[PDB]
Asks: 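I'm reviewing an experimental structure with resiniferatoxin and have questions.
Chain IDs: alphabetical, in sequence-line order. Numbers in chain A come straight from the PDB entry, and the residues shown are 291-579, in order. Chain B is numbered as in the PDB entry; the shown residues are, in order, 725-752. Using the numbering of the PDB entry, the residues shown for chain C are 197-601, 626-752, in order. Chain D uses the PDB entry numbers throughout; the residues present, in order, are 580-601, 626-724. Order of appearance sets the numbers: ligands from 1, and atoms from 1 within every ligand. Excluded from the calculations below are hydrogen atoms, water molecules and symmetry mates; all remaining heavy atoms, backbone and side chain alike, are included. We show just part of the entry here, counting contacts only within that part.
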Amino acid sequence: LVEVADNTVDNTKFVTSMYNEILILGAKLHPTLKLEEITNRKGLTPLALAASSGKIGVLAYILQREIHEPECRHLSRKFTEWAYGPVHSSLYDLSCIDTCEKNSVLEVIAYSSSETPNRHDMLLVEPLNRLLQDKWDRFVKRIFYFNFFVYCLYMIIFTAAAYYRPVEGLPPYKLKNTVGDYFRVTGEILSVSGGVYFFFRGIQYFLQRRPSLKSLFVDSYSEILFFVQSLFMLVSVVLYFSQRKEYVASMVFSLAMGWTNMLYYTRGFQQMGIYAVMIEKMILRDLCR
Amino acid sequence: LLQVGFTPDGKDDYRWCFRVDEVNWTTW
Amino acid sequence: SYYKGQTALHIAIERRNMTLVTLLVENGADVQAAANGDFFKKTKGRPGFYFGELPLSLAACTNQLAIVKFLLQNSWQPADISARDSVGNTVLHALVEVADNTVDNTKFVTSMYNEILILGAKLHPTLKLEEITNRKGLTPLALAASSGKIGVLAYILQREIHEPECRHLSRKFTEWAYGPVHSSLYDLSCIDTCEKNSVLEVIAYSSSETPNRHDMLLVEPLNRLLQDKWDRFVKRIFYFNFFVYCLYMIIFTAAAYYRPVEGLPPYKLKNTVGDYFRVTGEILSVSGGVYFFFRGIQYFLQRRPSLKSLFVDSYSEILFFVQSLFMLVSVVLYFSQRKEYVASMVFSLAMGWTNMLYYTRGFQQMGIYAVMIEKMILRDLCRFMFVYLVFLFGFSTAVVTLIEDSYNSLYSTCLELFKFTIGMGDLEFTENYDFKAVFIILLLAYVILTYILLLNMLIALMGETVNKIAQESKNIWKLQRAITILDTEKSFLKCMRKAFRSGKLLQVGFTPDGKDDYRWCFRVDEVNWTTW
Amino acid sequence: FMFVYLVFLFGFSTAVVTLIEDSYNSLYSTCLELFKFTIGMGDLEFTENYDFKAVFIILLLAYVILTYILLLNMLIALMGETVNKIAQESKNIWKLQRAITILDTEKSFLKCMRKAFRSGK
Ligand SMILES: C=C(C)[C@]12C[C@@H](C)[C@@]34O[C@](Cc5ccccc5)(O[C@@H]1[C@@H]3C=C(COC(=O)Cc1ccc(O)c(OC)c1)C[C@]1(O)C(=O)C(C)=C[C@@H]41)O2
Ligand SMILES: C=C(C)[C@]12C[C@@H](C)[C@@]34O[C@](Cc5ccccc5)(O[C@@H]1[C@@H]3C=C(COC(=O)Cc1ccc(O)c(OC)c1)C[C@]1(O)C(=O)C(C)=C[C@@H]41)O2
């Protein structure tokens, strides 16, 4: 019933109605068993299937499914606490919406391939929008701002240690006995440590997701760019340990990438996001072809 | 994490919840 | 707190229970008591619905005309139409803010407002309920005008009641209708120069958050009154203001052009006609500076605008204050015996000349250019500079680090790459810098990324802005004219006193108390023959 | 749009020439150099050692951003709207011009109208 849906008002209404009827009848026949917990070969429930395949009608039905019938209450997903007037307090189940299993509605909508048609409008469904806003206001916001602040500091140190690179002799360079030399070597170490961190982050992301080659750039632009910056710094340090003057040619690439990559954090504001999105599409659709 | 209903099997069910509110007065 | 004072009467009223609400009062329940709580208060932080604290206010705001009528005429304890809650908003206030600016809701709220007004007048002809203000000290008319409730404002301004017993209630009086023409008389009792708040003075000084302010001035009496004011005395005062500022700019330019270049400031007044003219010009310039300084300070004290809306709604005032500031600093440094007065003086002068776009607000066709330049500098350019500077600084640190062994200093790299952004660069690739291929790759990437991608991105965004704020030119112009008229009227008290804002001061009806009422009026006419 | 542009040009050029009265020697040459700045044919040399160099740089960078980028593209968008408006309805635009041409040609020569036999019959 989930995949037979075609995302039209008539078909969605019909499929949801008959889904309700079959669910009620099965519950009447077999109250002991619950049919919504059984997964297919891919190991995802009908709720997860509807969320993943873009079936916005079925997902909207299941998420806020309210059954008023007294004998059928455990079936209801959303409970209406009270309604004094225009306000109507409601309680949503959230039983398998966040941190539920290897698959969940949020974790599946977020990690779509961009082929899904309704992913942009899928997050508009009441419980998901409210839950995401609550998460953002609760603890995610300050962690994001701390992440942005630390990367801003890392870019400042990377820029300063790149600006004052010694110009006399061939690499490596003996650690001169001075405060300035100590600061320069500390800055180099901080830069390379950031490089290793970003390298492992990128590798583990690519192992987890394992994106298809065609959709490697449509949906992982920023991850590709952070991996490329880390790669260039890694090659630079390798060539600096290999006693060649050609570490700077890779280092400038790494640094300009590093600075233009703070457009990744413009994703956190409502007004400033589009500039970071335009630059992406305009470089992949138009310019490339 | 509250229990808001009773299962047909007679055992109380405890489930997570997330209270929300909305405004719609055009329907009276 | 949450339920403070809340009783089953409130639920029955909100549940549209005809009898239960009746039974509560029949038993002896008193409605004069009110329920106040965080849920009832008008707070956006938490869910709530403000219908007023008075139970009569609750019943009225809940669309129950029969029940409120019964309560008002209830024998046991009639509800007090004049009751005011802790906030101050009486029933009329509550009806005003409960409006949501929709055809159905506006029609309903206006209709029930009329019914309650007529009923109260019947009960208490002696008292008039529309003159009582809330804690903020503004009437329901002023509340509707301020909060953007265009439906309620349009209702109250042109409220015509044909009923013979209810005539003093009517705001607009129709003198006669020979045909398509229908002479009308509007009250104007509290529309201009009424109190510390008035409909015009409140619409003009909105925060731009109000949705209908541009379309609020379209209401008949206000548009007619503003046009009459503009045609009567405001127009020549505006043109005299523009002429005097044009002369002040000419003198400021001439005395700035012929500044002495020998020695350090101050300069001894040479015995000549030219020197006398130069010192006279300097004095005229500084006097203009003091005038603009005090004008700006008094404006900022009167309005006291919020920091966020300091630039959205006071662009021109900020610019005039900044010009005055630069001249003041220039004169201070000229009295401090430093040659650095000219550096501030040129800023002051270019500001002065480009500020005559303020007076382009007075023409219909020329206004938009002064409006575009504003939005395009505050919305687009400001936030696009963040996007551009990460690019410029990243690529310039990159470039200067590459060839540290035109592009010598970080400043010169910044300048050369800015000219690359705006199409005035030259890709010479002549001098033999180290790592030439990497240098070429960097700057070609930079040109394609900024000159082609980013610059045209900005150009398309600004074109969208221009397209957006060029279609609706009339609305853009009319509000600027309204603010100009209000400020000109307020500048000179005798100007308003002898302007005779109202068309006439006539008595057109008799009050229920039997004493003739004399009120201001402003005759208007209109044409509509499709209705026969 | 020339009214809007000339306040900018004259204010900024009086400003520039007053600053460095101690290419940019005469007010005429300031006007010409800044007009080429408006239409993208200027050069920000910043070479000769004028007094108050930082203020000079700030003035001309402000001028370029304000006129070359903001104002010129404002005008270009406005003219594009004009072209868009009067290019959609080409047939109407043409037919009236043809009508006036026909009327004037007919009126120019009286014998032309006399022997033209305006009416079919
Ligand atoms: C992986 C890819 C596509 C990419 C890596 C480098 C080589 C890149 O050139 C490109 C190809 C290119 C080059 C020049 C013009 C257009 C495209 O585009 C980016 C890439 C293109 C630019 C612009 O990058 C952006 O779009 C900013 C951005 C937008 C949204 C984001 O979420 C984001 O996250 C990091 C970054 C920056 C560079 O990385 C950079 O700083 C320099 C010196 C090279 C640019 O290759
Ligand atoms: C208070 C603000 C915003 C402002 C003051 C000065 C510094 C200003 O640069 C800005 C920032 C700026 C600079 C360069 C390009 C864009 C923006 O914009 C104006 C300000 C921007 C310009 C353009 O001003 C205008 O928009 C004209 C104008 C339009 C509508 C008006 O109602 C108006 O009333 C006075 C003026 C003129 C300057 O004041 C000027 O003449 C010079 C030399 C500096 C310009 O700062």
Asks: Could you check which other chains have a non-hydrogen atom under 4.0 Å from resiniferatoxin (ligand 1)?
Replies: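 Other chains in heavy-atom contact: A, C.
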Asks: Could you tell me which residues UniProt lists as binding resiniferatoxin in chain A have a heavy atom under 4.0 Å from resiniferatoxin (ligand 1)?
Replies: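 Short answer: the UniProt residues with a heavy atom that close are A:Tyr511, A:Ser512, A:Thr550, A:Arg557.
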Asks: What residues sit within 4.0 Å of resiniferatoxin (ligand 1), counting only heavy atoms?
Replies: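 With non-hydrogen atoms counted, the site is A:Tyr511, A:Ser512, A:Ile514, A:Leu515, A:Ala546, A:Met547, A:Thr550, A:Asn551, A:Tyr554, A:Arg557, A:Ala566, A:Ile569, A:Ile573, C:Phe591, C:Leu669.
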